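Drug bound: iberdomide. Macromolecule: Protein cereblon.
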Amino acid sequence: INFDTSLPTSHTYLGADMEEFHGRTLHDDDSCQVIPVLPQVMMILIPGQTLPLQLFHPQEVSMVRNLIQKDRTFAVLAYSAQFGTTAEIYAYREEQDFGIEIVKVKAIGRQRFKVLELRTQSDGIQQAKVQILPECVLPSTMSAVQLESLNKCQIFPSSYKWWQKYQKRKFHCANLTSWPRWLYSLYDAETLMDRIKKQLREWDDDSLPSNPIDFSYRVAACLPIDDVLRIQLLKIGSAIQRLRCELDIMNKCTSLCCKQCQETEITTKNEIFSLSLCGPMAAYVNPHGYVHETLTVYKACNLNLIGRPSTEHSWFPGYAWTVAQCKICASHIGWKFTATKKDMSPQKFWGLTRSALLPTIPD
Amino acid sequence: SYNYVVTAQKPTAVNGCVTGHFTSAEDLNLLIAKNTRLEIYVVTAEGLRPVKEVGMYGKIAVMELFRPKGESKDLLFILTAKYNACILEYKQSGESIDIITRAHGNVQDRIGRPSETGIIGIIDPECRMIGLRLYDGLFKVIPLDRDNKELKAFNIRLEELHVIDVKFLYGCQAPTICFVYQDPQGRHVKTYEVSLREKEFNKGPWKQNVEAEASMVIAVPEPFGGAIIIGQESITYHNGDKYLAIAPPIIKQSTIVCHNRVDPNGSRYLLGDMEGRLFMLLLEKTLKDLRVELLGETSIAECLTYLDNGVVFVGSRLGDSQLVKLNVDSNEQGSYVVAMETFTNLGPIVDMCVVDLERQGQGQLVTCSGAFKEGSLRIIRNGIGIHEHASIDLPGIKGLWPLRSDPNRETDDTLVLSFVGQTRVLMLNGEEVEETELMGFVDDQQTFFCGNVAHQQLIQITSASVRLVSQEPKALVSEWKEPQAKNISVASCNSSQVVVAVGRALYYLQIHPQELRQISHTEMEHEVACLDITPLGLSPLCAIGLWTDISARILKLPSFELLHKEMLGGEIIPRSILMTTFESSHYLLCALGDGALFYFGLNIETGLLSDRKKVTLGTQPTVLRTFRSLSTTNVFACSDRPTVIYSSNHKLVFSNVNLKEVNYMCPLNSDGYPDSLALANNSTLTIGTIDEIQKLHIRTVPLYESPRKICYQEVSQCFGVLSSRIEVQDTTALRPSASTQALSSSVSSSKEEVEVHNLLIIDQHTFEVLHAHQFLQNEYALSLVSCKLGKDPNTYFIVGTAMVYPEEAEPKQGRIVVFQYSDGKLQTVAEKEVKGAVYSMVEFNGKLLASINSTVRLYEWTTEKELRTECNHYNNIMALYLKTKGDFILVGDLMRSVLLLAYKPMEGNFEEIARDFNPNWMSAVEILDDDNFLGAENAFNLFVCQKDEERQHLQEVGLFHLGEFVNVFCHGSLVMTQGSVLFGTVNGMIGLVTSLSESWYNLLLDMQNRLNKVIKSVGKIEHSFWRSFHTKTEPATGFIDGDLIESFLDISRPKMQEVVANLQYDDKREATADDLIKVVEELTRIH
Ligand SMILES: O=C1CC[C@H](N2Cc3c(OCc4ccc(CN5CCOCC5)cc4)cccc3C2=O)C(=O)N1
Ligand SMILES: [Zn+2]
């Protein structure tokens, strides 16, 4: 591999001269907010997830332009709605080329919410009154039970033998409770994050968020799962339960299929790999403003390639895209990507669109 | 749901121990912290004199003594876990002791991340201020200006976000703090100075990359000054330009965790290992070097305190506390440690079970207690105890009588014992008992009564006759025989008045000098069974019980004419009858051969027996007997289940006596055994003192390894106990343990430190380890049950297990092993390999329910004697907890997610009924009933989910801050409100939960509030704050603090009257003090 893994996350295909905004707006826990709603966008946005957009209808063009002046956040509803996630605009681009109006933004999801009201304005744009959900944080399993003479030894110096000494040191006071160190380790953020980091290391070498919340929302976005589980993960407020649930998904779910036919194996977990710094999957907008969450894999099967390779609007610069569909039912599964220069590696790969996929556990 | 929580047994684990001059300046005190309790002793030569013990509405987290400028004696600073700060003073006002609160306030910050090294609290040696490291990036300071009664205080930002330990130093121009910290470079020590004047840190005297794993800090006193810093491998002194360092071989073994200063000088320190090593560290001199001696082995010390005279208090959390004696590096032997005294520490209670051990209808709790050598079973029994001073093997005793052989000594010197057709006399001189003759008393006849009588005489009443003997120059001075030489069948005598009875007839004699004169005669409608004639000089009546009409009766002074005549019912006869006086009233008691005891109020003038009540006390026949217990009379009911009978506010009480059967007893007041009892049974005479009130009594069984689960198999007359010893790799033991010291022994035939699991089999009566079965290499025993399955009559110990490898995070494999204990050994009756860890198991309607990772699985027991699956239930949680009631099943994970599954016999599988997911750490759960579920959850809380279409959500009906960490709940009760659930705890506190009717809940809730107005609270901490469910912080609900309620009885008579002022009460009307007294005393008798 020698492709610039940060080229994808900057979304150059939108144009690379966008006015940037120092991303920071965080509403108080359990507060209420009136935030506009992007029409025409159906996705379950995860905190931390970068969301690119292209907007045409002059009501959309207006209220974005307005948002640039005033707070920059908007609501991205998760549909049948009750729950959603805020998205802050961090880059703006006006464009009146070829005669016609376009606005291009790059938002980033920030905070989860509960919907309260949804008065849709006479301009045509919904305005959602919104309850900001708090992000449940619990202390260590040992914090309550801990011996006070053994408080002094809780911080350590920063290698599988290291994790045993960590487990022995951290959970020594498990002997006061009715369970072992190895059980308490299974609910330990740090142990759980490291275990997830090993499936992440084989997709591939980096630095990721220290925080259990942030980490958990980051890995949530890597998972090619259906819209209904995505919501199960989102509703889970505790980061520890989120990390365990993510470990489960990652171990159990191993094939991926055409959501429509229900029985045509497109690819496997073995093939998943990362060309984005974000991870193996990420949201990209197409020319018409349809967002696609596209999981990059090395090999795919039972896809037919129609049309001819094109570099036009390609989300991965250097690569050209060819449309791929399900051999059986014709469903647009994604795109085969192919190198334009003969020295690039990898030479080819498939980018498969999340909505068209369906993760399965075998037998 | 309406629950009542009460303490059965206060926490026993020590978590702080300080010395100083608290009670007087001239007294040396030892103060001890046991979570919410504060014990205060005075050190003596003889040992530790207890003085004042108090509770707090708080978990003691800091405890330091200090003496601010111009105070006669030391004041105590305490800070709780909820950030309740107080300054306390000891106040003796006359003959009463009180802990008054000089200052108090809550030192919490709204925004704050609590530090990873916990609360740290420190006072400078001038007593200008108190430092509190509560949160990262902050240092709270409370100045000790005497006007600061509200403990108003400022913060100072620290740069260093990861502080390990911290002290205040000695010998400085200004108050100066020294501390180890950690940044991404390494671990260093720094100092600042502290200006109250500026509310800011100035940079201070010195600094230093110290050892990777440095943890402790010690302020050296003023002869030198400076700071000692302990780690894993090193011990480092530090000062301005002076610096020493050592790394002796002797401590690189286990980490040092507690220290204490031996002399004000600072010459010597005591160091505390994590495994029991106790070291001295000597500062050799000026400051040349540091020597470190290894003194000996103690209980695993949480804290240490040198007391003077070479005595040391060892506070422990994992085993018993201790006083130990040190010796100087003596000419003949190296400095060594000796255990002087032991104090019980039940916790950690890791598991327990309730057993009716004595067969008496009286539960006994047996706990898995302690860790790592301090491991133990503890047998906790409720009752009145007997302090035994002498024992004598003499079988077949039928009666006891004390007697004064010398008429001008004020004290018993004789015990008389009757046997079948035979009388014996034991004389007493101090503690020397010798059988002897008593001239005038016959010895070839069975005595029915003897003792002192009026006009300087002794009387003996045999089956043959009524002999009467002179105190002086003993000889027979009188004898009374039955007209046709028939045997006296029943006897009863007092000061001046005999009433024998022959068959159906009964005569009535009186005692006058050198003559016993016959006064009455009479007949009786059936054969006579028992008599009493107790004065309440001479008694004007006589009680009887008879053989066929099965009836208790009163009679006249000489006539013998019926005065009340109550029928008692059934086919069994009376065995004893007793006219007695409790409180200031009069009663008649009467006992049946089947164990039943009936009592009646008595009228001495008329004879009217009133208000019959019944109670059943141990199915063998029951002899009743009067004794004195602190300027008042009780009754001792000798039976299967011996029992004392007192009267608390004009309603009688039946405190059971903590002994295997007593057949006869008498009081004994000798010079060597003053204010004592003589108890006899079938084989033994015992002499002892007796405790006034009931208490909990603790038998200890050391295992010298960690016990982990326990259950009782009644048929085998023994206990299953999962245990766990530590070996080190060769793999060899560190000490002999229960599992390596068993009679019989075994190891499972197959499919640096290491843990080795066993199933012990321990005798019910003797607690000998009979057998120790060792599980596989890498096998971790998790669950244990003792049950019968299917059509099989045999009873099995069943164990769930998991296979733990350090490579493997979630265990992929485990076993369900069925065992039979039949010979002295243990037979593996069946394995069952399973693709996961068996966290729990439970006997389920004659089948075996068992959690395996996320799966709940039901197994049936075949006639082929194998486990066969019926059904399964995959969950989205890990089934750590499993409890059932009938066909209902309760599942829980560690994160307070709970499910409610039901078995459906018609459908073959399990169905979900209800669920609740609410992220918090859960340590134990229990089924209160079909609808209600008790649980224990993070920051020492209890909580109750209730059951009651889209009503498969569980309503949260209960919340309460207990202040203890519950490991185990278990249904049972230690006495002979609805329901009883006992729980064991990490500090060895034991609690009981019961349920109330709404009416009672509402009353008692009102009364809590009335109580909280009236009762002084130590740190001036509000009871509501204390019991608030805390992590969120919400008021407690659906839980009555029974400890609070019970405290009503300890308040003064007017404070009661205040508490009940205009309180509506049912029967409503304006209630009295005595109305609530008898309610609260009804509530004490559930535990
Ligand atoms: O890596 C990838 C994988 C393929 C993916 N693409 C290309 C694409 C198209 O490609 C034709 C095309 C490309 C560009 C335009 C230009 N605009 C500007 C705005 O006004 C309308 C005209 C129009 C049509 C046409 C339709 C859909 C897609 C689509 O999903 C993608 O975007 N980047
Ligand atoms: Zn298809």
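In what follows, chains carry the letters A, B, and so on, assigned in the order in which the sequence lines appear, proteins first and then strands, with residues in each chain numbered from 1. Whatever order the structure lists them in is the order used to number ligands and atoms, beginning at 1. What's counted below: heavy atoms across the whole structure, side chains too, no hydrogens, waters or symmetry copies. So how was this one determined? The header says X-ray crystallography, 3.2 Å.
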Ligand numbers or chain letters for iberdomide: ligand 1
What are the letters of the other chains with a heavy atom below 4.0 Å from iberdomide? A
Can you help me figure out which UniProt domain of chain A most of the residues touching iberdomide belong to? cult
Give the other ligands or ions lying under 4.0 Å from iberdomide, by number and name. none
State which residues of chain A, listed by UniProt as binding (S)-thalidomide, have a non-hydrogen atom closer than 4.0 Å to iberdomide. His313(A), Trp315(A), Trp321(A)
What residues line the site of iberdomide at a non-hydrogen cut-off of 4.0 Å? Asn286(A), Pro287(A), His288(A), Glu312(A), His313(A), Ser314(A), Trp315(A), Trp321(A), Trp335(A), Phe337(A)
